Amino acid sequence: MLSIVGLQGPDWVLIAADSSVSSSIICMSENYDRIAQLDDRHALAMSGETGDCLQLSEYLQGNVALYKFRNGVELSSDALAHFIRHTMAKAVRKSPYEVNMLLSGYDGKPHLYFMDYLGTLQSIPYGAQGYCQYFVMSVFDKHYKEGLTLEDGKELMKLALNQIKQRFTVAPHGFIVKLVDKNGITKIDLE
Amino acid sequence: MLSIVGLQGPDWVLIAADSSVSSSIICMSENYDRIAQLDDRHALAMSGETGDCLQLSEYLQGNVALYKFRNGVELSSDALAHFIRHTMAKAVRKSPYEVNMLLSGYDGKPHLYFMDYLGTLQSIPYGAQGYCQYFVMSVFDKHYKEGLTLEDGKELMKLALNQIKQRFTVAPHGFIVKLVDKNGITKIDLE
Amino acid sequence: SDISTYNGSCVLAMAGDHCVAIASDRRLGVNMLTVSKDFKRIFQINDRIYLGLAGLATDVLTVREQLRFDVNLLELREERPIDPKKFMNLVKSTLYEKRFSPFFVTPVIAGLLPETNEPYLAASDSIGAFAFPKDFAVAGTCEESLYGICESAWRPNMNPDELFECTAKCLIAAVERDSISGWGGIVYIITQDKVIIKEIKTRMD
Amino acid sequence: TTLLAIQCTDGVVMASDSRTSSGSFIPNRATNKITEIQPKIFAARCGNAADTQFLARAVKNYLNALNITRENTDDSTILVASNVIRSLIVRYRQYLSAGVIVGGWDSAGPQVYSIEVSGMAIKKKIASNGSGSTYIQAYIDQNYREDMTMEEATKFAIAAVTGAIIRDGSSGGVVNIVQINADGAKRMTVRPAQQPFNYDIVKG
Amino acid sequence: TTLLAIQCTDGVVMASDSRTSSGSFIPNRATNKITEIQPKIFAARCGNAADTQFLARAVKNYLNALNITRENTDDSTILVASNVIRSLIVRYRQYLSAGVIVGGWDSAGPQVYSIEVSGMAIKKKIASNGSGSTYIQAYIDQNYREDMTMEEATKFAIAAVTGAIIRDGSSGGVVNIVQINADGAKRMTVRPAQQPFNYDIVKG
Amino acid sequence: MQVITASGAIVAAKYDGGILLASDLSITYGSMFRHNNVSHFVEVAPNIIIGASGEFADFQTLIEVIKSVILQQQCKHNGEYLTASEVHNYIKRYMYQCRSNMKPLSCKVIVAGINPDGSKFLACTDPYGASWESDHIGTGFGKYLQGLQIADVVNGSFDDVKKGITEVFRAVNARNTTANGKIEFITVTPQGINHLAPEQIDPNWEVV
Amino acid sequence: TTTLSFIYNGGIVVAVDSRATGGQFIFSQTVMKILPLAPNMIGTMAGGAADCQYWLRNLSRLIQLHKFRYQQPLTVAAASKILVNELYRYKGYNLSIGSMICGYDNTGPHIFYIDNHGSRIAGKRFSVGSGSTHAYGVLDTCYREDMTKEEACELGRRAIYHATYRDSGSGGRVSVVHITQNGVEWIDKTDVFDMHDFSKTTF
Amino acid sequence: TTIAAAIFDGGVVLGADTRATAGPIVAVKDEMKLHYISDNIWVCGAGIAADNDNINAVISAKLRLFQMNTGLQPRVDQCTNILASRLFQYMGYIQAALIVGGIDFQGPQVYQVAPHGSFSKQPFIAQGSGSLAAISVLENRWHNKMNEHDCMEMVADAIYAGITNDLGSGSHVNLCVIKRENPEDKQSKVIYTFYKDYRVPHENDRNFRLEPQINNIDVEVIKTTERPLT
Amino acid sequence: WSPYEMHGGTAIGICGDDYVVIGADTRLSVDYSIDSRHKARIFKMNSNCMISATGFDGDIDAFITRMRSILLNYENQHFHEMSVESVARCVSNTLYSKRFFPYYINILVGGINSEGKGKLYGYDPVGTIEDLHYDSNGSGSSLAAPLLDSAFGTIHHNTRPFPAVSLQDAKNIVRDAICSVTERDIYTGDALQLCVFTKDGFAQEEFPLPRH
Ligand SMILES: *C(=O)[C@]1([C@@H](O)[C@@H]2C=CCCC2)NC(=O)[C@@H]2CCO[C@@]21C
Ligand SMILES: *C(=O)[C@]1([C@@H](O)[C@@H]2C=CCCC2)NC(=O)[C@@H]2CCO[C@@]21C
Ligand SMILES: *C(=O)[C@]1([C@@H](O)[C@@H]2C=CCCC2)NC(=O)[C@@H]2CCO[C@@]21C
């Protein structure tokens, strides 16, 4: 039930994730990077058990690199999104990966995909996995404008994360936000 | 599983409680006063369902006032603590009040009582109900000195609440701390 | 897991040479968490009767207060202190009146007979199935540990010093093998003349 | 348990086994499953032993209550016994797993009522109940005649309860016979040595 | 279901009921519960109908397999049929709730093996199985004789299976008789009109 | 683990000349006395008898396994049978294998035999695979309805051991629902296996 | 159980209790909850005792195999990754491994929290076990980066001591290990009974 | 537990082991399972020790009040009916599997009363965990009109059989012989003789014990205070 | 269906400077019934060590057979009898091989190492290994453990040196503890098998215990 929130802009994607890793009632770390950079172009925020998320992230990143090396071409964001969807569809039926993801990738066009452990793939302008969607979707609906600037995008993502902090009972102690744009995945701070 | 923490000093008691009330995954309020001032001398921090805590607090406060009015004498802290214990012992067996409390009272001597829904009454120098005890007891053990000053007491309670915030997965969005001394129960801010 | 295991307890009583010794761990634990090290499980019921309640702290206090209600009423209505056997039957009645909603405490009555001054141990289960061991009466989550150590260690005719010696050592051995019990011990040596309340040091882990 | 009450022309033959079973253990091997409710009214008991004994004692109480305000104490007593057995079973159907065949003699003559564990009371000329009655249902149907006298019915009931004892693990021991006529009730015990059949009937 | 195979001096009489029951509904009222494994080897089937029919077809396969490498096809065939029934039941005890009485004639003569639902195979002179066999256990013990011929055993088996049909709801319909001698197997069907007893035997 | 067609109690006890095993010849279907004259013991070797209390289908499967293995080792050894210790060890390992496969043979299996050295060997393997060698072994209610009637006379004279086993099986017939019929006695002596005439061990019925 | 490990300027201090207890009974108070893996790497044992001991000695075997196969020793990240992959392959088998892979490699100090569940979290301060919350409270309240070796070892020792006091599952003796570039150093096993200050009346 | 009461020619012999277990551990090695009901009636009980003790005390009080008000000797079938009704009204929750053994005008009577209230008059009865090991001896050695000593030995041997064969039973064999003070006089006073530890199995005693008790635990006393006992 | 019989019975091991004294009750029993009054549970694995298993007897026999198989394989493939420490590691790995179908047996591996020093190793059913000066396993483990703690004080003070208890004194301690367990644990009883591993080899003694 970890809070990962994606926000797609005209030429960027702000992908944020709960940075607090936990063991039972203990917050083991306050800066755990739950967003997985499968490629230099794609950051996969993952909500789920830390072990399942780590193993799935490593598998997907290894497969993306293997596709890049086997064939001298990098996966697209639609191709990678559907590869993740195929992986999750295989898993659910046999040996399920219990991870709900937001795949944010920039391959010349911004892309944000709502993915879940079952394998529902949907390109979204904004979304979230965990209970944070119940808190952030409305704010996006209330404040997202087409053609949103990157600064307005950071403001809107900050608003969504602040809503997670304020209204979600299990408030993440912090978030790690990453900007996925033509320059790649860069970790940022929203203040 | 709400975080209430009590700390008894030489002539004062710092009783703090989770100030975040909640409905399901929603933090309804961020300043809910979970500490119940049954008397002008006794503040009862309560951890449990908001309804059970409110009803038990109102019953105990009404009974304390009724004792003060029926007889021209106020209940002691031991007498009030054992009255609460009797109430909880009655409840557990028939119609249980699912509230774990810390009764902090000053009747010329500081008193802090660890009370639980079952009815275990124990005078304690410091304690906590909820999962916060797993995080704060050690800090008290590590940093509590007999004859602790009120400022050192506030520092130690602040340390315990900071440990709750940092290491407890469900970190309370804030705490309400009350000083129970010869001047009564005064709400304070630990910064 | 279990309600009795909620509050770890370890109460022992031993019979000596015209003297008894009731020891108890001093820990108020909540399952695996230590809440206090100053929890009183042994209570003086009469000048020559001590009751250690090994079990749920809630029911330790409830049973202690209910038996102080019964013993005080008996001594007021009879102008006489309650006998160790009379108090044993009183505790048996108190527990069996709640037989079907039992108190989760096992009582251990360590007393001296009013005239002969002989040791009187009487440990029951949650519902007053009292035993009357001439050697040692154990109770609490350390029950197996206490039984094992006291079976080998207890010897007949122990004077107050030797009786304290095994009560303390044997209780220490029991509590140090019980995770939810320990954090200090208290041993009440009841003799003809005096009650010696020695707080013994056990492991605090 | 094997219960077999036969309402004859000249009396009632209540045959029963004597085996109380706790699983595969026989706590009582000489059980009196037919309880003397009244000198000429008996209750053969099957199902839970405690429930059936409570039923017998409660029916003794109910039949004495029937006599509080009346002087014809031997009138409709068997029918009332069956009715009270049935009302206690239906009233306590959740807690009482008891079936009772109440048979005897009263002003109305010989009677045999089979109250089932469900609480269904039926006046029966031939009534059987218990686990062992199943094994002897066909035997009874082939060997029971309406015209059997109390001695003929006693022999047939001994044979049937012996067959049930042989084929049922829950049924065993001695054949407790009660012969109730107008004069009174005669108890008999048919021990395994005096039983007409043995385990040797199995496989020929 | 009532199964009753009798190993006579001059053959084997396999009597069965014809009632397949799905709870209180009878999907098949004329069931052939005795399956012709071989011309002189038949399997009376009780328990789950699907499991018993699979058992019959698998035993046909196993007995044909027994004949792949041998020419004495009528030698030890009944014992092997019982053994394969028993090995399939124990092998599939979790999934097959099947009891089978396999009887017939082979080089060893007439034989009747009762393989229980547990998978216990016993060569029996008189074998019975199914819910209805319980009601007729005592009847069989009282009326079965080792010296009965195939006709005497056929009459007795018709009577016993008819009694079971009457007293058992799970057992009913016609009495499927199979008479296996050295010459072969003769099937007979005793319809309710031709059955010796009726429901009227109940209560006399 | 489930018992349906069950073999009744078995009481085996070593006496001077060998091992005396008693058990009814009745298999019970639940509580019903279903089969009579069915010996609960199977002579797997001239000086090795094997009985079992509990599911008799699992004891027929175990006897099939035992006979197959004895036949294998007999063909290998040109007629020589496995010893009672070897047969019981194989039963212990096969019943533990069945338990480990989660398909236990729900029968407590007594192996009573004379080893070639002449030492009486009486051992038991429970459905779970726990095996133990003892001078006297009761299985089923023969274990429970025993007391000191066997232990006091075990390894004693044949008459004393026979009387003790007869007392135990009188108790069994009296207080075991599945106890039906004659109690067969089998003497496994170094001179072979002798099936003594089955005896009706009547309970004292003057209780009524 | 209570195991802790923290990276300060001078190295990695790993302090562990020694209590194995199931239910109420204390099966042991001398359990070694630090299993060496490499000359400058150890793995802590928390949760299931058999699981942690088998998988940490298996990880030691794999580290030795890698060092002999390839001259470069297996790093602390690589070792923790091996362990976490092996443990995740047994997800759903109810393994219970809580284990901090604390080692000094070519890239410096590294603590990786490894769990049966497959979580592999890098960090400079971890505590695993029933009493790990108490050790965390003592650490986070008293931890400094510039503590001397003695100060850091005493911090870990006192955190384990407070965990043993407040947790029934923790007890025995604090085995303290100091891991530096040079290699694993086993500081001492200090009985928490001696660490308790009985002059205090509050605990 | 192993409790066994039989009826001999002159009376009743009840017997019980003296081992109470708090699970797999022997809490008591001298447990009293033979409960005095009245001068003529003793009940030996199994099941829950508290339930047995309390129900036996309650029925003993009921029959003492009966004998006081009415001047009548309590009847064994009367005690058994009261016990069975009480156990039935508690639906078996009072786990007191009792064996009533007494002598009234109807002679020596032994009744069993199951925890659920099912009673039964039987010549010899064995209840408890070792009830089967005991009943075997009772099955083989009880006969009509046996003398007092043979019934005493039989009941003690049945309790010993339960002791040895059953883990829940052990320690000593306590007997209680209800008998008429003058056996030839059927109207003589019904007295009882309780043979505590009638059998003390020597093979079941503590056979070893460290004469120098080795102990390396040292007691450190935090605080000592002495208070008068008055 | 639970594939274990949860057999009771206590084994008390005490490691010495040059000896190891494991005393286990012979009795095999579960559910108020004694399957075997005598059923040895301490086995001489080789000339270096002995294994004492308490718990399910099927699993005791299976694990002891597996350990004998592995020690024979080690003797054949590594040309010497497996040492007590090597046997201890092998016991840990053998028990863990069934981590998901555990042998429900608690193991005490007591032996004499190449140094001549006593080596006792305690185990749980899932294969936790622990080099111990003393240990107690089985139904009376909770009973017997305080006895050993008092005899040695190791639990009371973990870091103090283990007292130099003589071989005969350790044998007496194990006997007394087993007798106390027999007095209190119903499952413990019948005969005590007191095995001692020393430089002189494996010695065995049979002491009666209360049958009841
Ligand atoms: C018979 O019904 C039976 C006996 O206990 C019987 C009960 C009523 C009269 C007293 C004895 N009841 C049972 O629970 C068993 C199982 C089937 O038959 C029993 C022996
Ligand atoms: C009989 O065994 C029965 C029949 O369905 C029967 C099965 C085997 C042969 C074919 C028809 N099996 C059942 O499940 C019902 C309940 C008892 O008897 C049945 C009618
Ligand atoms: C006997 O049944 C037993 C004893 O505690 C017994 C109880 C009633 C009379 C007092 C002593 N009850 C038990 O709970 C244990 C289990 C085995 O039998 C016991 C020893």
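The chains referred to below are lettered A, B, ... by the order of the sequence lines, with proteins before strands, and numbering in each begins at 1. All values below were derived from every heavy atom in this structure, side-chain atoms included, with hydrogens, water molecules and symmetry-related copies excluded. A restricted portion of the entry is shown here, and the contact count covers that portion and nothing more. The header says electron microscopy, 2.9 Å. Each ligand, and each atom within it, is numbered from 1 in the order the structure gives.
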S.K.: Find the chain with the greatest contact count to ligand 1 and give its name in the PDB entry.
M.R.: Proteasome subunit beta
S.K.: Can you identify the drug or drug candidate present at ligand 1?
M.R.: salinosporamide A (bound form)
S.K.: Identify all other chains that place a heavy atom less than 4.0 Å from salinosporamide A (bound form, ligand 1).
M.R.: D
S.K.: Any idea which residues from other chains are within 4.0 Å of salinosporamide A (bound form, ligand 1), non-hydrogen atoms only?
M.R.: D/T1, D/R19, D/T20, D/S21, D/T31, D/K33, D/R45, D/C46, D/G47, D/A49, D/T52, D/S131, D/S170
S.K.: What source species is reported for chain D in this deposit?
M.R.: Trichomonas vaginalis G3
S.K.: Quick sanity check on salinosporamide A (bound form, ligand 1): covalent bond to a chain or not, and to which residue and atom?
M.R.: D/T1 OG1
